Amino acid sequence: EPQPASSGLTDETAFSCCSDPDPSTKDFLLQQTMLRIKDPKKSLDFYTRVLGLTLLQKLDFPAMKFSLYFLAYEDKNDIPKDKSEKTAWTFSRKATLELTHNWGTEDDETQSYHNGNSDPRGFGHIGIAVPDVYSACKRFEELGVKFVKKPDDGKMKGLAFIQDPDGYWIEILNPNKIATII
Amino acid sequence: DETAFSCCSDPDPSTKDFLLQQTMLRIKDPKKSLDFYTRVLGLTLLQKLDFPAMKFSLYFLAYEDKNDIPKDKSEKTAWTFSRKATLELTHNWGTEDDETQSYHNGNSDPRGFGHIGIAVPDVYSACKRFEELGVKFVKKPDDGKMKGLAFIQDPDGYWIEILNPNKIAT
Ligand SMILES: CC1(C)[C@@H](O)CC[C@]2(C)[C@H]3C(=O)C=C4[C@@H]5C[C@@](C)(C(=O)O)CC[C@]5(C)CC[C@@]4(C)[C@]3(C)CC[C@@H]12
Ligand SMILES: [Zn+2]
Ligand SMILES: [Zn+2]
């Protein structure tokens, strides 16, 4: 029953590669995903205004000439005012997006970041779960967002991919509708 | 900062139930990857989904109690895809037997994606356990200006930040 190896893993092989978690890893949290961004204006506007994330915090590194922007689906009225307080909070949020701006890249017409979906491949995308793919995407269209895959294109109806201003892919999906699609 | 106007306070309420569900990474060999993320890092495999017509599988991992996972495929799928902060590891069939194939981690030419990041109670003991389990480090907690902060690598070489949120605070 181990599959032909041009056929992928059986459930058995796969599951048997899984161990229950060591109890010292309880309380571990998947806190952030870092993406490099060419232009923090385009990017902050895309993630806050279009996608509805809240800018939790900005960190500056004047020596090393770069800034970090931390965004998440969080209530602004939860963001601490105090500096240290604010940082501990931000960095204890789950499911956060860290955007790294290297100074000057916005003026560099020669410069662009690679989105991982052409050679050499790796990272693919982040994805947002929404209650209605078609209504969200209709608004995205209204707001000038660029699409990789419209919700109705292809076999997978009801799932979409849009680009952020650096070309990074963002999946848009409805958890109550995925099982129909697959 | 002249990005002063770039931050839309009060997002449109149509986005109020939006949720950052997944980060997707391509993996050469899920036997290694699954072992690493579960046994070393302590995540749980939520769901394995296969696509024969398209020759790939998806492995969703998260920090979730295995006991909360519905057993039924439709209930499971709906549950998995509504969890916050999942890793979606994509396996294109055969890459584990292709001696010439490897994925790129985004941290050298051409750059883009940098890393995912895991918050822990105690960076030092986590990293000592990591050392004991033969985990490869990109940065030990005691190298450079940033002390008490580490980066490790998964089996594909993707970078994973190991931090304590109360120590960046300093
Ligand atoms: C151990 C030491 C002291 C040393 O061995 C040099 C390499 C390094 C491992 C180093 C690295 O390699 C890449 C980056 C990145 C550069 C940057 C701006 C980018 O490359 O885009 C993105 C942010 C990021 C993570 C900031 C921190 C550093 C400087 C990072 C981890 C700090 C720790 C550092
Ligand atoms: Zn980071
Ligand atoms: Zn995905």
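Throughout, protein chains are lettered first and strands after them, A, B, ... in sequence-line order, and every chain is numbered starting at 1. Only heavy atoms go into these numbers, but all of them, side chains included; no hydrogens, no water, no symmetry mates. Structure method, as recorded: X-ray crystallography, 2.3 Å. Whatever order the structure lists ligands and atoms in, that order sets their numbers, starting from 1.
In this entry, more contacts with ligand 1 come from one chain than from any other, and UniProt calls that chain Lactoylglutathione lyase. According to the PDB, the drug located at ligand 1 is beta-glycyrrhetinic acid. Lab note - other chains with heavy atoms under 4.0 Å from beta-glycyrrhetinic acid (ligand 1): A, B. By chain and number, the binding site of beta-glycyrrhetinic acid (ligand 1) (heavy atoms under 4.0 Å) reads A:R36, A:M64, A:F66, A:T100, A:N102, B:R111, B:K139, B:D143, B:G144, B:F151, B:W159. From beta-glycyrrhetinic acid (ligand 1), the nearest residue that UniProt flags as active site in chain B, along with the heavy-atom distance to 1 Å, is B:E161, 6 Å. Polar contact with beta-glycyrrhetinic acid (ligand 1): absent for B:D143 (N/O pair, distance under 3.5 Å).
Between B:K145 and beta-glycyrrhetinic acid (ligand 1), no pair of N/O atoms sits closer than 3.5 Å.
Lab note: ligands/ions < 4.0 Å from beta-glycyrrhetinic acid (ligand 1) = none found.
Residue-ligand proximity, B:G144 to beta-glycyrrhetinic acid (ligand 1), at heavy-atom distances under 4.0 Å covers atoms 3 (C). Protein heavy atom at the shortest distance from atom 18 (C) of beta-glycyrrhetinic acid (ligand 1) is A:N102 OD1, 3.2 Å. beta-glycyrrhetinic acid (ligand 1) places these atoms under 4.0 Å from at least one heavy atom of B:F151: 31 (C). Ranking protein heavy atoms by distance to atom 9 (C) of beta-glycyrrhetinic acid (ligand 1), first place goes to B:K139 CB, 4.3 Å. Checked against UniProt, the substrate-binding residues of chain B with a heavy atom under 4.0 Å from beta-glycyrrhetinic acid (ligand 1) turn out to be: B:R111. Interface of A:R36 with beta-glycyrrhetinic acid (ligand 1), defined as ligand atoms under 4.0 Å from a residue heavy atom, comprises 19 (C), 20 (O), 21 (O). Within chain B, UniProt domain annotation places most contacts with beta-glycyrrhetinic acid (ligand 1) in VOC.
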